[PDB]
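For the single chain, residues carry numbers from 1 onward in sequence order. Only heavy atoms go into these numbers, but all of them, side chains included; no hydrogens, no water, no symmetry mates. Both counts, for ligands and for their atoms, begin at 1 and track the order of listing.
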Amino acid sequence: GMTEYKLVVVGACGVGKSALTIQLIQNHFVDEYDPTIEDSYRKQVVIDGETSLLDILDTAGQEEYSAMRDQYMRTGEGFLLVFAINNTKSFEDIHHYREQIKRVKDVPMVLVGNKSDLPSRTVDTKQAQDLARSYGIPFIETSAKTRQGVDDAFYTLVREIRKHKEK
Ligand SMILES: *CCC(=O)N1CCN(c2nc(=O)n(-c3c(C)ccnc3C(C)C)c3nc(-c4c(O)cccc4F)c(F)cc23)[C@@H](C)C1
Ligand SMILES: Nc1nc2c(ncn2[C@@H]2O[C@H](COP(=O)(O)OP(=O)(O)O)[C@@H](O)[C@H]2O)c(=O)[nH]1
Ligand SMILES: [Mg+2]
C-alpha cells in the first residue's frame, strides 16, 4: 500500500524553501523561483520501502493570517523549519516560526540548515544542534544546490510523523 503525508516548509525569505521543495518534487536545483509563489506540491517517493505520497506546502506570503495557508497548517502533519547557514537573521527567526506553528496547532518538526554548500557560514552547526535539542527535534544539514541532505530532511520528517502516529 501507500501512505500520504501533509507537510509544510517554513522559514525566512530567501532561505531556500522553494529550492528544497523543488529538489524533492523535480530532482534539480531551480535557482530562480518567484519568491511570492505559495503553493502545495505533490510527489510520490519511496521511504524505507513504502510508497509515500508527500503533499508539501511551500510558504511565501507575508501576512499573519492567510485563510487557506492557515487551514493547511492547522492540519499539517509535519513542518520543516528552514534557515540558511550564511544568514544569522534566518536562524534567529526559527524560534518565532516554531511559536507560530504551535499557535496554529506535540507536532513533528525538523530543523533544516540549508545552503550548506556555501563557504560563507555565519551560523555554526553546534548552535543549530543546541536549538534542535531544546525542542527535541532532529537537525538536518542541506544544500538545495547540490541536493545534499534533501531526502534526509523530508524523509526524517516522515519518520518523525510515523513515530508521532504510534503514540
Ligand atoms: C520571500 C518571501 C518568503 O519566503 N516569506 C516566507 C514567509 N513569511 C513570513 N513572514 C513573517 O513575518 N511571518 C510571521 C508573521 C506573519 C507573524 C509573526 N511571526 C512571523 C515569523 C517571524 C515567524 C510568517 N509567519 C508564518 C506563519 C504564520 O503566520 C502562522 C503559522 C505558521 C507560520 F509559519 C508564515 F508561514 C510565513 C511568515 C515572509 C518572510 C515571506
Ligand atoms: N548556494 C545555494 N543557494 C541556494 C540554496 N537554496 C536556495 N538557494 C538560492 O537562494 C535564493 C532563495 O531561494 P528560494 O528557494 O527562492 O528561497 P525561499 O524564499 O525560501 O523560497 C535563490 O537565489 C536560490 O537560488 C542552497 O542550498 N545553496
Ligand atoms: Mg519560495
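At ligand 1, the PDB records name the drug as sotorasib (bound form). The name UniProt gives to the main binding partner of sotorasib (bound form) in this structure is GTPase KRas, N-terminally processed. For sotorasib (bound form), the heavy-atom contacts closer than 4.0 Å come from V10, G11, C13, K17, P35, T59, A60, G61, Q62, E63, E64, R69, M73, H96, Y97, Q100, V104. Close approach to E63 involves these atoms of sotorasib (bound form), each under 4.0 Å from a residue heavy atom: 16 (C), 29 (O).
Atom 25 (N) of sotorasib (bound form) has its closest protein heavy atom at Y97 CE2, 4.0 Å. Residue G11 has at least one heavy-atom neighbour below 4.0 Å for each of these atoms of sotorasib (bound form): 6 (C).
Where the criterion is an N or O separation shorter than 3.5 Å, residue side chain and backbone included, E64 meets it with respect to sotorasib (bound form). Protein heavy atom in closest approach to atom 7 (C) of sotorasib (bound form): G61 O, 3.2 Å. Among all non-hydrogen protein atoms, the one lying nearest atom 1 (C) of sotorasib (bound form) is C13 SG, 1.8 Å.
Under a 4.0 Å criterion applied to the non-hydrogen atoms of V10, sotorasib (bound form) contributes the atoms 34 (F).
Shown in contact with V104 at under 4.0 Å from a heavy atom are these atoms of sotorasib (bound form), numbered in order with element: 30 (C), 31 (C). With ligand atoms numbered from 1 in the order given, sotorasib (bound form) contributes 1 (C), 2 (C) to contacts under 4.0 Å with heavy atoms of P35. Among the atoms of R69, some N or O lies under 3.5 angstrom from an N or O of sotorasib (bound form). Checking atom 5 (N) of sotorasib (bound form) against the protein gives a heavy-atom contact under 4.0 Å.
There is no protein heavy atom less than 4.0 angstrom from atom 14 (C) of sotorasib (bound form). Considering backbone and side-chain atoms alike, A60 places an N or O below 3.5 Å from some N or O of sotorasib (bound form). Looking at the model, one finds a covalent bond between sotorasib (bound form) and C13 SG.
Every atom of sotorasib (bound form) with a heavy atom of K17 under 4.0 Å away is listed here by number and element: 3 (C), 4 (O), 6 (C). With a cut-off of 4.0 Å around sotorasib (bound form), the other ligands and ions picked up are ligand 2 (guanosine-5'-diphosphate).
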